[PDB]
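Structure note - risedronate present.
The first residue in the sequence is number 1, and the count goes up from there. Just the heavy atoms: all of them, side chains too, but no hydrogens, waters or symmetry mates, feed the values below. Whatever order the structure lists ligands and atoms in, that order sets their numbers, starting from 1.
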Amino acid sequence: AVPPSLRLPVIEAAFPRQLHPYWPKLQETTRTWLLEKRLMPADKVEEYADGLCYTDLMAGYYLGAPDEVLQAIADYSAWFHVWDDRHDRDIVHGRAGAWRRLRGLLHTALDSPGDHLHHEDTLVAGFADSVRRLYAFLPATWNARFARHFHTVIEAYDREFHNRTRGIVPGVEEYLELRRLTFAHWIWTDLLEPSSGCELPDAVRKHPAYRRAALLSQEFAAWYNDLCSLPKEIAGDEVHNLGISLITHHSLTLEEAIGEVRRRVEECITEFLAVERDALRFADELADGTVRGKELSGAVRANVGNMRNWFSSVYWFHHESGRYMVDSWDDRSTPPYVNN
Ligand SMILES: O=P(O)(O)C(O)(Cc1cccnc1)P(=O)(O)O
Ligand SMILES: [Mg+2]
Ligand SMILES: [Mg+2]
Ligand SMILES: [Mg+2]
């Protein structure tokens with residue numbers, strides 16, 4: 001059961017949880033990858049990795065993915081959380097040069113991941129390994145789109161670095177725009193496509209019903225993370241959180257801000273329910289009697305189904321993962337799974 005302040009009865013009643021059959025092997029294989037790529041200290045991997053639930057988060061989302069696609073996605077997701085931790089620690093310790101150099105290497109590795117598979121920075125080498133595998137599933141046009149999206153994500157992380165080093169809390173609207181980039185909304189959306197085995201043409205994925213369903217799934221995930229990660233973020237001097245923007249710029253108390261974030265999250269669900277109908281009608285229209293139409297219809301339907309699964313996977317992840325359990329830590333500002 002979930003605490004009342006975080007509970008979403010519509011998720012519990014109407015978004016039943018799903019789990020990909022590869023999850024048990026996924027859990028161990030990603031743990032071993034974190035150890036072998038030296039992305040976290042060995043003792044922290046053994047003590048904390050399974051409890052962080054990163055593989056569970058992906059296995060509740062990309063249902064139907066081939067096992068090797070899911071493995072690359074899960075390794076990438078675990079990497080992404082470690083990168084968020086590295087960025088945080090570079091900020092806390094004032095390592096502006098180390099951050100700048102990492103940022104530059106990630107831009108280069110994103111365009112040429114094979115060149116960086118054995119880089120001396122293990123964080124760069126692990127990024128490159130996951131991305132090179134992601135680049136092997138679909139035509140290079142998809143790879144180029146993933147790269148365009150992730151270049152933007154890296155720069156949003158750089159903006160967060162600047163904000164936190166200057167002590168700036170973004171305004172609410174500025175924050176909502178930035179959050180689509182720091183949460184990597186378009187990366188998770190891109191990854192729907194190798195999971196269903198089809199690169200969608202621009203005309204299909206830019207259809208208004210597809211686009212809006214994709215957006216709402218990610219807005220829910222990011223803002224629900226803001227709701228659940230607010231305690232650890234306040235304790236860690238993080239400034240990027242819708243609740244923090246509301247407290248800072250709209251003069252809300254903590255209780256009022258929690259209520260407002262909750263209401264915005266709830267609205268994503270019922271807006272998604274409306275647009276999902278339109279997205280599934282579009283999927284039906286794509287089934288025009290042709291083979292290609294059947295393929296595109298099935299891919300769109302699978303992708304919209306996984307946009308729905310993201311809601312339940314993110315919901316339960318936030319109650320299971322050790323990442324957010326700040327009340328258990330000796331130092332609330334320093335999670336035990338980060339290298340400090
Ligand atoms: O777990 P966290 O740190 O609350 C977070 O969700 C980590 C994260 C980063 C990017 C994508 N998904 C999760 P963040 O975005 O930093 O608020
Ligand atoms: Mg974070
Ligand atoms: Mg972050
Ligand atoms: Mg957060």
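All instances of risedronate are found at ligand 1.
The main partner of risedronate in this structure, judged by heavy-atom pairs under 4.5 Å and named as in the PDB entry, is Epi-isozizaene synthase. The binding site of risedronate (heavy atoms under 4.0 Å) is made of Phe80, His81, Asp84, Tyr157, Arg179, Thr182, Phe183, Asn225, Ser229, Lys232, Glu233, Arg323, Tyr324.
Atom 11 (C) of risedronate has its closest protein heavy atom at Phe183 O, 3.5 Å. Looking at atom 3 (O) of risedronate, its nearest protein heavy atom turns out to be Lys232 NZ, 2.9 Å.
According to UniProt's Mg(2+)-binding annotation of chain A, the residues with a heavy atom under 4.0 Å from risedronate are as follows: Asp84, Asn225, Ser229, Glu233. Residue, atom and distance of the protein heavy atom nearest to atom 7 (C) of risedronate are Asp84 OD2, 3.6 Å.
Under a 4.0 Å criterion applied to the non-hydrogen atoms of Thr182, risedronate contributes the atoms 10 (C). Residue contacts with risedronate: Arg179 is placed with a nitrogen or oxygen under 3.5 Å of a nitrogen or oxygen of the ligand (distance criterion only). In terms of polar-atom proximity, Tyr324 is counted as a contact of risedronate, with an N or O under 3.5 Å from an N or O of the ligand. Protein heavy atom at the shortest distance from atom 9 (C) of risedronate is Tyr157 OH, 3.4 Å. Note: an N/O pair closer than 3.5 Å links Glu233 and risedronate by distance alone.
Given atom 13 (C) of risedronate, the protein heavy atom at minimum distance is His81 NE2, 3.7 Å. Numbered from 1 in the order shown, with element, the atoms of risedronate that lie under 4.0 Å from a heavy atom of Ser229 read 4 (O).
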